[PDB]
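Residues 1-315, in that order, are what chain A shows, numbered as in the PDB entry. Both ligands and their constituent atoms are indexed starting at 1 by order of listing.
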Amino acid sequence: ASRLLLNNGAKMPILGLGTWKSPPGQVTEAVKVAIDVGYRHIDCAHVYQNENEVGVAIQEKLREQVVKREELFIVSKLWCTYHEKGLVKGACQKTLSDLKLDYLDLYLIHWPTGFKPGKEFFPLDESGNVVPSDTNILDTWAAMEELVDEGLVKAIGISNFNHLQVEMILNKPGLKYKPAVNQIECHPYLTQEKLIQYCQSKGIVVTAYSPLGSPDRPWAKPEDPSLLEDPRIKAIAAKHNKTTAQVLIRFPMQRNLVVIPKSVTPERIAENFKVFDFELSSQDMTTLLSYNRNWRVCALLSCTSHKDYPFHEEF
Ligand SMILES: NC(=O)c1ccc[n+]([C@@H]2O[C@H](COP(=O)([O-])OP(=O)(O)OC[C@H]3O[C@@H](n4cnc5c(N)ncnc54)[C@H](OP(=O)(O)O)[C@@H]3O)[C@@H](O)[C@H]2O)c1
Ligand SMILES: O=C(O)Cc1nn(Cc2nc3cc(C(F)(F)F)ccc3s2)c(=O)c2nccnc12
């Protein structure tokens, strides 16, 4: 229906609101609107630099009695500069303090790559290479497991992990908690068929990020493809009397993925939720899958020699 079962027994809403690039001055209103029109899943991160303002909106709607806390599914992520085992708890507590919550529904390792700890989110050397930390995936995972044991988070997962990285965790000797979710970039130009098959086969729920192709991403080039403007996808939308955005959001839902489109624009927040009253056909699905180009929008050149860089592998 509208939620997917996780390995902890919780039900994760299949549609959530993304908040990357939602400025602090606009995100509070965005979240308020989203909760009013039915969103019950918000995707957050420390690196988005807006958790306080998301937290404001959630607090206001709890106090207004619009929703109760157990009806909300709040996700955040551990940033790359906090992979050291001793920094993980503090990072989670900082996120909880900013969001004004006492627990998260889901906390992800944001990227498999640890960066040098410090004030800078992207510590670069003078030649522009990211500076790694001497952290590894398995030790970071162990610190994430402690958060569940301490009741700060209900479920833990990963983001931007390739299948070998997922495998590494699943095969961890003394594994305490299996990853619940892998959050990955997924859209018609990067359909992720092998990694989705892998993760679903392993009972890991997949969340599709950048489902509209992140047209506001800060490194977009003029000559880059644009999903929302793809005349072929416009044609599918017109046939169903829907928008291109609604098709792009429905697409992952029919693959049994969670999807988290971002908007700060109230009309679009509402538009993006109106995706439960139509179905894409088998032909439409096949057609959208056929647009795959292995075109990835979320990666940084500056990280490509990190030992744990995820996107050298086929999947
Ligand atoms: N785990 C990770 O590493 C990671 C990476 C990337 C993204 N994410 C998550 O996934 C979320 C979504 O990805 P994203 O932010 O990259 O991009 P996206 O959701 O693919 O696209 C957002 C862009 O599309 C616009 N838009 C939204 N609804 C629209 C509609 N109905 N019609 C036309 N334009 C529309 C937004 O404009 P306005 O906001 O101005 O309306 C914004 O410019 C993020 O916000 C974040 O929560 C996670
Ligand atoms: O991380 C997100 O959820 C979205 C996001 N993506 N990016 C592109 C990035 N790409 C990467 C790539 C790596 C990698 F794992 F080394 F591959 C590690 C960290 C990053 S962050 C930003 O530069 C970035 N900068 C600020 C805030 N968010 C971002």
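- Present at ligand 2 is the drug AT-001.
- Per the PDB entry, the macromolecule in most contact with AT-001 (ligand 2) is Aldo-keto reductase family 1 member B1.
- The shortest separation from a heavy atom of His306 to AT-001 (ligand 2) is not under 4.0 Å, leaving the residue out of contact.
- When non-hydrogen atoms are compared, AT-001 (ligand 2) lies under 4.0 Å from the side chain of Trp219 (C-beta onward) but not from its backbone.
- When distances are taken between heavy atoms and rounded to 1 Å, the UniProt active-site residue of chain A closest to AT-001 (ligand 2) turns out to be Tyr48, 3 Å.
- Close to AT-001 (ligand 2): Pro310, with a non-hydrogen atom less than 4.0 angstrom away.
- Short-range neighbours of AT-001 (ligand 2) under 4.0 Å, ligands and ions only: ligand 1 (NADP nicotinamide-adenine-dinucleotide phosphate).
- With a 4.0 Å cut-off on non-hydrogen atoms, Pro218 does not touch AT-001 (ligand 2) at all.
- There are UniProt substrate-binding residues of chain A with a non-hydrogen atom under 4.0 Å from AT-001 (ligand 2), namely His110.
- Which parts of AT-001 (ligand 2) touch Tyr48 is read off a 4.0 Å heavy-atom cut-off, strictly below it: atoms 2 (C), 3 (O), 28 (N).
- With atom 14 (C) of AT-001 (ligand 2) as the reference point, the heavy atom nearest to it among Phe115, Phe121, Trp111, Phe311 is part of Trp111.
- Within the 4.0 Å heavy-atom shell around AT-001 (ligand 2) one does not find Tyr209.
- Of the residues UniProt lists as binding NADP(+) in chain A, a heavy atom under 4.0 Å from AT-001 (ligand 2) is found for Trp219.
- Residues with a heavy atom within 4.0 Å of AT-001 (ligand 2): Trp20, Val47, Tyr48, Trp79, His110, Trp111, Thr113, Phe115, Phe122, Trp219, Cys298, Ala299, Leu300, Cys303, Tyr309, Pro310.
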